[PDB]
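Written out below as structure tokens is the structure these notes cover.
Convention: sequence-line order gives letters A, B, ...; per-chain numbering from 1. Counting convention: from 1, in listed order, for ligands and their atoms alike. Heads up, header says this was done by electron microscopy, 3.2 Å. Computed over heavy atoms, backbone and side chain alike; hydrogens, waters and symmetry mates excluded. A fraction of the deposited model is presented, and contact counting is confined to that fraction.
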Amino acid sequence: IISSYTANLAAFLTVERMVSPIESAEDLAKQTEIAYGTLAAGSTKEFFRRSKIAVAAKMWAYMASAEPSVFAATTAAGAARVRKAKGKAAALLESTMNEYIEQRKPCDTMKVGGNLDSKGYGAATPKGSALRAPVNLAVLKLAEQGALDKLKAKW
Amino acid sequence: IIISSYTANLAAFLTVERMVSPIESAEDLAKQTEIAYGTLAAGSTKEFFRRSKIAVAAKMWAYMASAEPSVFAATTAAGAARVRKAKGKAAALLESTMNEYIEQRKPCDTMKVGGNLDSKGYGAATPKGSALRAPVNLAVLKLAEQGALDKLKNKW
Amino acid sequence: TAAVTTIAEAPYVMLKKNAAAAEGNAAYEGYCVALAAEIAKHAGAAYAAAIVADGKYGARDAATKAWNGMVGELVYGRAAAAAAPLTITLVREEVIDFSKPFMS
Amino acid sequence: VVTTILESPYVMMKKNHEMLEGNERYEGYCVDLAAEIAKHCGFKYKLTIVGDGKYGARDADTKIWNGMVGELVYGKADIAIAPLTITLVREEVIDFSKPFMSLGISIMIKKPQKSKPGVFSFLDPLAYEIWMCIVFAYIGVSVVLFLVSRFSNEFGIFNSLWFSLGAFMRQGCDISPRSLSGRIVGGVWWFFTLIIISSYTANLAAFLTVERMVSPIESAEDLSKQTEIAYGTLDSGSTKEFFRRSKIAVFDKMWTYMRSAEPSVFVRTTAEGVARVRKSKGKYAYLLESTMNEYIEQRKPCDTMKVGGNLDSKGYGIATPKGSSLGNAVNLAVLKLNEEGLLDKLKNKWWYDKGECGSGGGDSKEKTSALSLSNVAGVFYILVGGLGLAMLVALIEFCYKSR
Amino acid sequence: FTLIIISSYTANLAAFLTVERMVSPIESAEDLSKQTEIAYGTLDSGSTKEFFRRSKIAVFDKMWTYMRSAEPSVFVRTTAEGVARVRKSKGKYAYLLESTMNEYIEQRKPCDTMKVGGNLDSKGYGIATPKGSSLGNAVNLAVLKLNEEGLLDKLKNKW
Ligand SMILES: O=c1[nH]c2cc(C(F)(F)F)c(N3CCOCC3)cc2n(CP(=O)(O)O)c1=O
Ligand SMILES: O=c1[nH]c2cc(C(F)(F)F)c(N3CCOCC3)cc2n(CP(=O)(O)O)c1=O
Ligand SMILES: O=c1[nH]c2cc(C(F)(F)F)c(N3CCOCC3)cc2n(CP(=O)(O)O)c1=O
């Protein structure tokens with residue numbers, strides 16, 4: 001009895017120690033028992049459909065067919081589904097919204113792993129207008145002086 | 001402290017040795033990088049990998065293209081020798097039938113692991129539009145049915 | 001009669017011991033000789049084994065479209081049945097007509 | 001006008017077949033094959049599923065072909081892009097492509113899962129030979145200690161067996177040897193017990209930490225020798241006819257077993273066969289076509305698996321009637337598709353990408369659980385047995401001493 | 001009590017010896033400023049150097065005023081010398097370079113280094129074109145389409 005208590009205690013400690021959380025998209029691709037869902041219709045689902053990547057297509061093949069609907073209708077619903085799933089659901093949303101939710105909301109969720117693709121926001125102006133060059137200069141000069149990094153770190 | 005340490009490290013030895021997984025498929029050999037694998041210099045196997053359009057196959061080709069030593073072997077006799085001398089470092093990629101001949105009718109220093117990656121076959125070809133073009137296709141198809149094509153393989 | 005074109009050396013067809021003692025096709029023995037005996041009884045051909053001299057399986061050279069070896073020895077009418085391990089490939093197929101595989 | 005067949009992984013009817021019906025919208029591996037064979041050889045084809053619903057065969061008296069052979073010999077359709085086991089009879093009436101897929105008679109067994117821990121499992125971390133050597137080493141050490149203390153002193157045989165047993169079970173010793181030759185024995189037996197107990201604890205920890213499952217049977221060459229596992233075919237077809245017409249030693253044995261064995265090992269249908277394999281324990285093995293087995297092991301509940309190589313190889317073709325001008329337009333295209341790595345990609349997608357389960361995700365998935373009473377109860381039995389025996393010998397000694 | 005404690009010690013030591021976990025000493029730049037036990041240096045003169053001087057964020061001003069006055073010279077003559085110094089010193093040196101160069105370096109032999117933490121301030125690489133060119137607007141759309149098709153990412157991934 002004493003020998004089999006010590007051996008099993010070593011089994012608990014060893015197995016608990018070699019546990020690895022889902023850190024990147026590749027790990028979530030190889031792993032198959034937690035479900036990940038995007039918005040019903042948006043720039044991210046169409047991304048996956050149009051994407052031709054072994055990892056991405058593997059995910060899209062997964063999200064195409066699932067006994068529950070992995071897709072969520074609203075991003076508010078998507079946040080709730082992950083919280084209630086207790087680790088089962090893994091939403092795929094834009095990085096800025098992820099960093100806003102994990103920070104200015106009760107910390108039940110977190111963002112793990114680098115973003116998969118790239119995008120960008122721009123203070124657009126109508127085609128062929130007189131506020132094109134000065135606005136482009138204003139944005140570039142703001143970013144150089146960090147007035148866009150001081151603002152992001154604020155809100 | 002010394003006795004507790006002895007028991008703990010012995011348990012570590014046994015546990016680690018128990019979770020040993022040999023390279024069994026092509027995917028496992030592709031992910032793992034400790035073992036170098038090399039095809040023949042010029043042949044249908046290398047041209048397969050060059051023309052291969054599969055990510056796992058391309059991953060091997062990207063590896064096999066550049067290596068500090070020449071992973072490629074000039075002769076299939078050389079390829080067998082390189083694996084034996086490398087003591088697990090070299091993993092030749094040859095056709096299934098030759099692999100099964102070498103691991104069997106040669107001193108068992110090597111073995112074949114994992115299913116074959118691609119497919120092909122050996123016909124008993126006849127000149128185009130010849131008079132005996134069919135009574136050979138029929139002959140092969142009957143031999144394969146009665147096993148005379150499988151008794152012979154199990155023999156040699 | 002017909003002339004068969006098998007490759008020289010393999011696990012398939014080999015030189016038996018006392019090769020000089022024996023004569024004709026009987027000097028040769030192997031898997032693909034045992035096979036090319038069975039096919040005779042199903043197609044009636046009375047042959048005499050004749051190994052390719054070059055010792056290559058064959059491909060059209062890039063400079064000159066000249067097939068070599070067994071797939072060459074067949075196209076040019078030198079000998080008919082290629083009772084030997086020719087991989088069934090597209091390029092050989094467009095020139096020569098195979099059988100269904102006897103091995104995969 | 002090309003026929004087909006309804007086998008699920010090859011030509012399937014999608015959800016809401018009423019809305020999506022006909023050649024315009026079908027799903028299947030053979031469907032993509034037909035699409036690509038048309039892309040390489042542009043032609044007008046309409047997907048006309050076989051009316052009979054089965055593959056070719058001829059009745060001895062009727063002498064007619066039915067299914068995708070009758071639909072081709074009698075000009076009812078152009079070709080047949082569907083799994084046809086290339087064979088002598090079919091070839092004699094159709095013109096077969098080069099095999100676009102090769103296969104064989106695989107072996108299907110239930111996935112090996114951890115059994116209930118048996119009684120007397122506590123002595124698993126050490127082999128049987130080690131346990132027996134431990135017993136006889138203890139009995140040798142006690143005898144030698146007795147002889148040593150009785151050359152040159154309460155170490156009688158009874159009182160020395162107790163000392164050796166006390167020293168092994170780590171419990172403190174009542175007395176200790178005083179001479180030199182007794183102390184040598186004491187010291188070396190102490191070392192021995194220390195090493196053995198450390199080895200037992202460590203190997204048990206290894207057993208509990210990483211679990212390693214092994215397939216009970218590897219290949220039919222050993223499945224014939226086992227004979228404690230019942231293995232069965234379909235009722236009648238290529239498999240049963242193959243086994244009866246076989247002449248190799250192993251296969252002839254595997255047929256002689258199944259010809260005379262009760263109950264009915266032969267299964268009415270493949271669905272019943274897989275249901276029987278899944279329901280029963282590892283005592284049932286199923287011998288089916290390699291492709292069907294590979295496909296089945298991927299769908300839910302993923303409770304089965306394929307073990308061993310293919311027993312006998314045969315390929316699938318693309319039939320075409322003898323006089324067709326399309327007869328040679330398919331050989332070359334099939335060979336090119338095979339060489340381009342497109343057919344393999346198609347099969348890979350259709351079978352693994354549309355797979356209910358994945359191997360890598362659950363590769364480790366390791367979780368450890370508390371030792372239930374089932375694991376240990378083999379020692380509770382021994383404890384109570386020893387207590388009963390002790391009371392028994394106490395009464396025997398009492399009755400003998402009273403008279 | 002003593003039985004439980006000795007069993008716990010032996011079991012946890014076995015866990016330590018069986019599977020080993022390595023933790024990065026430093027995670028992000030804020031913790032790197034807080035630690036100050038590890039000396040971190042930039043290149044001598046350049047954007048990655050001039051950024052810290054013209055920076056007013058709380059953490060970055062600390063990370064500058066540290067390396068502004070510290071001996072010896074943390075500032076490195078060239079990136080090759082910086083990576084050589086990081087490889088040489090076991091753990092006392094951290095190098096602040098462009099993200100792309102770091103990601104590329106950690107892939108090359110001997111693969112003795114790694115990149116930790118997010119990007120401190122974002123920049124972009126473009127495709128320059130002189131103002132009056134008729135090719136000026138023929139590249140914006142091409143770049144955006146290449147980015148959207150998943151081709152540029154495929155290129156970077158492969159190479
Ligand atoms: O039709 C062909 N028949 C082949 C037959 C053999 C074998 F029978 F096994 F000898 C081999 N080998 C396997 C690899 O090691 C060397 C020999 C290759 C063949 N190849 C490809 P090649 O390497 O270009 O000759 C063919 O195309
Ligand atoms: O020409 C034939 N082609 C066949 C093709 C298949 C499959 F590939 F699976 F689609 C099958 N199945 C085997 C078990 O899974 C379901 C049906 C049977 C075929 N049969 C009858 P057999 O004689 O029992 O092989 C033929 O005659
Ligand atoms: O336009 C510029 N583009 C630059 C691009 C690179 C890189 F991407 F790495 F190639 C670099 N390097 C940083 C370290 O790795 C080697 C050279 C410097 C650049 N600089 C000089 P900076 O002003 O010091 O950044 C520019 O001016």
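In this complex, the main macromolecule engaging ligand 2, as named in the PDB entry, is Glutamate receptor 2. Going through ZK200775, SGX-523, PD-0325901, AZD4017, TNO155, the drug at ligand 2 turns out to be ZK200775. Other chains contributing a heavy atom less than 4.0 Å from an atom of ZK200775 (ligand 2): D.
For ZK200775 (ligand 2), the residues with heavy atoms nearer than 4.0 Å are D/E7, D/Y55, D/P83, D/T85, D/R90, D/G237, D/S238, D/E289, D/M292, D/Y316.
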